[PDB]
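Complex: sasanlimab / Programmed cell death protein 1.
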Amino acid sequence: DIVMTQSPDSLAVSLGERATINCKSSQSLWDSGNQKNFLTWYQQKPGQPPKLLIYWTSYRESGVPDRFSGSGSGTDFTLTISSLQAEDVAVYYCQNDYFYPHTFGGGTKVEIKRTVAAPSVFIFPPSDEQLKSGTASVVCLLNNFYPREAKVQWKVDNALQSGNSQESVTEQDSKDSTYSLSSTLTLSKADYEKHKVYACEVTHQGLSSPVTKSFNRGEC
Amino acid sequence: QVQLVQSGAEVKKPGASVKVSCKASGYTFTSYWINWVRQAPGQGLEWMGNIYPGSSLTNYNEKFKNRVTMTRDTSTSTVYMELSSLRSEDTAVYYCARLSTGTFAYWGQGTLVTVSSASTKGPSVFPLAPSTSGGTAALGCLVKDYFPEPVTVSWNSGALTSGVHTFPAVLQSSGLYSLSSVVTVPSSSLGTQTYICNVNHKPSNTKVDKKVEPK
Amino acid sequence: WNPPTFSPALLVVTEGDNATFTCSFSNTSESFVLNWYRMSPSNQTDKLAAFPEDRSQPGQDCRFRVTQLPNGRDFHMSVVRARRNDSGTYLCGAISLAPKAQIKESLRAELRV
């Protein structure tokens with residue numbers, strides 16, 4: 001069975017410079033009957049079907065721009081973008097097209113590298129409409145930051161929370177190339193009514209010191 | 001034109017089996033290979049199998065030893081994909097594609113198959129009220145506890161598109177999904193413009209237009 | 001079947017003319033698609049035209065066109081209004097539409113403008 005290893009897992013390139021993605025196969029993808037290296041490169045943007053970029057290692061599909069170029073032979077292959085545009089941000093997969101199964105590689109996320117940008121932090125207390133039920137949800141929003149690495153910690157009366165919060169990040173914004181994070185601490189109303197101070201502490205490279213946004217329940 | 005239209009989304013219980021259809025048109029249907037590729041949320045693509053409609057030759061993936069089954073129907077120019085003994089891990093978007101080597105590649109729009117024992121539940125829309133900062137203020141809607149995916153959120157009937165961030169849904173311990181949608185505006189507009197998030201959950205006939213008023 | 005023949009091996013044509021290649025087959029396959037390829041300086045291969053033509057397929061330029069000759073075995077890979085940019089190496093190739101597809105590509109012929 002062919003194993004396709006893609007390195008690096010993630011790649012950050014400035015807008016207009018060269019990006020290179022590597023793909024190593026467990027066996028040779030060369031075919032003596034057709035004199036081709038059967039390796040395909042795919043591009044997939046979030047919420048879209050994959051798009052074929054390069055087949056047979058170095059053949060460009062119709063409509064693929066100039067900057068995309070495949071290379072390699074045997075077990076080592078490479079996809080190169082010479083001028084990374086905004087429309088290139090996607091995940092790139094190499095695929096064994098030679099022998100069955102046509103196994104995919106793990107993929108490589110290609111993001112635009114930009115200047116450091118700190119997140120704008122907001123904390124939303126649970127709605128009173130939600131306080132009609134038995135659960136309470138506090139949301140901490142991190143708006144427009146770079147890089148993607150960020151740390152969010154929840155505190156209830158200066159008690160560090162763990163195992164009762166979920167988070168999700170958006171895709172890199174097309175305008176400013178930034179990310180937004182949303183974290184939701186879920187508590188029961190009984191637990192929510194037994195504490196006063198609620199806060200999320202953000203740790204990001206764009207912050208000189210960690211930023212904490214808090215509120216007191218029942219106070220406006 | 002060449003078109004691959006797949007069957008709509010389906011929710012199944014663990015242990016059931018799904019059958020996804022893929023109707024080809026715009027070419028000699030019986031001469032080109034048709035591939036099936038799936039993608040679980042937060043994971044890469046996974047090749048599933050091949051079928052040649054000319055003689056119903058199949059090339060399945062060893063990962064689905066006896067679960068996958070590919071068939072064809074020349075009278076309707078449709079290829080079918082069947083996966084049995086479903087797991088929660090089998091929750092994914094499944095794509096059909098015409099991928100004959102050396103020829104142009106075409107793709108179906110995809111089909112979402114949710115495998116879960118949960119039942120359809122309409123979401124609750126809670127307002128995330130601002131106050132806000134000094135320069136810009138943030139407000140949003142919390143769309144909590146719904147099944148299955150997806151939910152469509154817009155702001156002011158789609159008239160407010162700048163600074164809007166709808167975050168991907170998150171699966172909770174209850175088997176229900178939860179998402180939030182935020183929007184940043186100038187601090188002077190909080191009392192000069194109304195903000196309404198328009199949440200829509202078709203599987204449960206839920207339609208809610210919540211007005212986000214400041215606190 | 002044998003690989004096709006891309007002639008002439010060297011075609012020198014003044015700027016803005018009608019340069020026409022010939023991709024000839026000895027025997028044809030029952031089902032096949034013929035492709036016109038051009039090599040880029042990045043050692044890449046680009047598909048300019050394809051027979052039979054697919055109007056819905058993107059990336060096709062109206063300049064490069066493939067024409068099936070009356071004998072059905074020979075083809076005409078012509079370009080109209082040739083540019084100095086078009087100077088390069090070209091080749092034609094056929095891929096059969098059988099289950100086990102076989103690639104049969106020509107040798108390279110150079111174009112000068």
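First the proteins, then the strands, lettered A, B, ... as listed; each starts at 1. Side-chain atoms are counted along with the backbone in the values below, which use heavy atoms only and exclude waters and symmetry mates.
All instances of sasanlimab are found at chains A and B. According to the PDB entry, the source organism of chain C is Homo sapiens. Lab note: chain of sasanlimab (chains A and B) with most heavy-atom pairs under 4.5 Å to chain C = chain A. In chain C, the residues contacting sasanlimab (chains A and B) fall mostly within the UniProt domain Ig-like V-type. Heavy atoms within 4.5 Å of sasanlimab (chains A and B) are found on these residues of chain C: C:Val33, C:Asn35, C:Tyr37, C:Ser40, C:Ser42, C:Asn43, C:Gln44, C:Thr45, C:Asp46, C:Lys47, C:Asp54, C:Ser56, C:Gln57, C:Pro58, C:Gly59, C:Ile95, C:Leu97, C:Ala98, C:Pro99, C:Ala101, C:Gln102, C:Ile103, C:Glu105.
Paratope of sasanlimab (chains A and B) for chain C with heavy atoms under 4.5 Å, by chain and number: A:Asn34, A:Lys36, A:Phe38, A:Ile54, A:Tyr55, A:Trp56, A:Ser58, A:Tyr59, A:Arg60, A:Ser62, A:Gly63, A:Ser69, A:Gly70, B:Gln1, B:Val2, B:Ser31, B:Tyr32, B:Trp33, B:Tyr52, B:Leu57, B:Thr101, B:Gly102, B:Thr103, B:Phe104, B:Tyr106.
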